[PDB]
Novice: 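First, the structure itself, so that you have it in front of you.
Sequence positions, counted from 1, serve as the residue numbers for this chain. Numbering of ligands and ligand atoms starts at 1, following listing order.
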Amino acid sequence: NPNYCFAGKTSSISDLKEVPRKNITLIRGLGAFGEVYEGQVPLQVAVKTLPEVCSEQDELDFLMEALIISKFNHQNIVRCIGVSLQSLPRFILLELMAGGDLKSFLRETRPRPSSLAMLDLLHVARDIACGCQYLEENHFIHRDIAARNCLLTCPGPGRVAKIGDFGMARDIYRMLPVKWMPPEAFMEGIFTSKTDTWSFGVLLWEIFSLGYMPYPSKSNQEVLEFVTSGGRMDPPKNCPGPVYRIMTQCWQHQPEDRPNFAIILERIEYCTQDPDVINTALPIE
Ligand SMILES: C[C@@H](Oc1cc(-c2cnn(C3CCNCC3)c2)cnc1N)c1c(Cl)ccc(F)c1Cl
């Protein structure tokens, strides 16, 4: 059985809490390689399934993501409730995030011409940055920080954003998101904590653009050449200067010139304190 190392000692498949299949009930689909369901164990859960028709490498990938998520302990990273691996199809059981993924939420919750404010966006940003800081200080590199991989606890004002998907980190541990990647990453395949800083800047743009695809109207190859030549995205519509400034710092060409997540968090905090930032109106389509 596969071994995993994080924050120190090794984890084993046996360390995962196996939940008896009889205890698990699927309620509804929630929408990649495999399905996701709302489920009950009563404890309400999200159930990630492995296709019975998969390769042996698929099997290990699935097991590896369970190990990875199960070893984190932070409020801004989605909890793993357990697994059901001794029956087919195999399940990973996650904390149910009723708000859904962040990209869909932003697109569905955009201010209507007939609600959401700057402070709400800043709190999402802060939530994920806190998650990233935790990963950084535990020397884990996510490799794919993006709005599609973040989840929300609920739609309303009490929402908490968390990092939810670790498929890219899992793959590399043993289709590329080049629009989220720094030059040294897509050119050299070099990944560090500063890799995630760059990607967080792109996530910030996603958040304050309210769910636009990065580098609108550009293809992957065009972005590659654009970014390699020093090109950077313009501010999202109505974006406050202090927020754009965080983005452009995250996108410094040299990794050593980019902020670590402690610094990012401080600057996000300073933004939430600035009335000229949070009183700024979001654009309405
Ligand atoms: C694996 C899957 O897990 C969940 C999906 C969801 C989810 C997706 N969509 N929805 C909708 C349910 C109906 N109301 C709107 C959100 C909830 C909630 N919690 C999860 N743990 C998931 C998905 Cl599908 C997308 C991004 C992620 F980062 C993750 Cl981790």
Novice: Specify the drug or drug candidate modeled at ligand 1.
Specialist: crizotinib
Novice: Can you peek at the structure and tell me the main thing crizotinib is bound to, named as in the PDB entry?
Specialist: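 The chain with most contacts is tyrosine-protein kinase receptor.
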Novice: Could you walk me through which residues contact crizotinib, taking a 4.0 Å heavy-atom cut-off?
Specialist: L30, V36, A46, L94, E95, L96, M97, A98, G99, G100, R148, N149, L151, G164, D165
Novice: Need the crizotinib atom indices (1-based, order shown) with element for anything under 4.0 Å from a heavy-atom of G164.
Specialist: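 Crizotinib atoms under the 4.0 Å threshold to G164: 28 (F), 30 (Cl).
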Novice: Which atoms of crizotinib have any heavy atom of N149 under 4.0 Å away?
Specialist: 28 (F)
Novice: Relative to the heavy atoms of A98, which atoms of crizotinib are at a distance of less than 4.0 Å?
Specialist: 14 (N), 15 (C), 16 (C)
Novice: Write down the organism the PDB entry assigns to chain A.
Specialist: Homo sapiens
Novice: Give the numbers and elements of all crizotinib atoms closer than 4.0 Å to a heavy atom of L94.
Specialist: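 Near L94, meaning under 4.0 Å from one of its heavy atoms, crizotinib has 1 (C), 21 (N).
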Novice: Can you list the atoms of crizotinib that are under 4.0 Å from a heavy atom of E95?
Specialist: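 Checking each atom against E95, I get 19 (N), 20 (C), 21 (N).
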Novice: Distances for all N or O pairs of crizotinib and the protein under 3.5 Å?
Specialist:
unit_1     : atom_1 : unit_2 : atom_2 : d
crizotinib : 19 (N) : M97    : N      : 2.9
crizotinib : 21 (N) : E95    : O      : 3.0

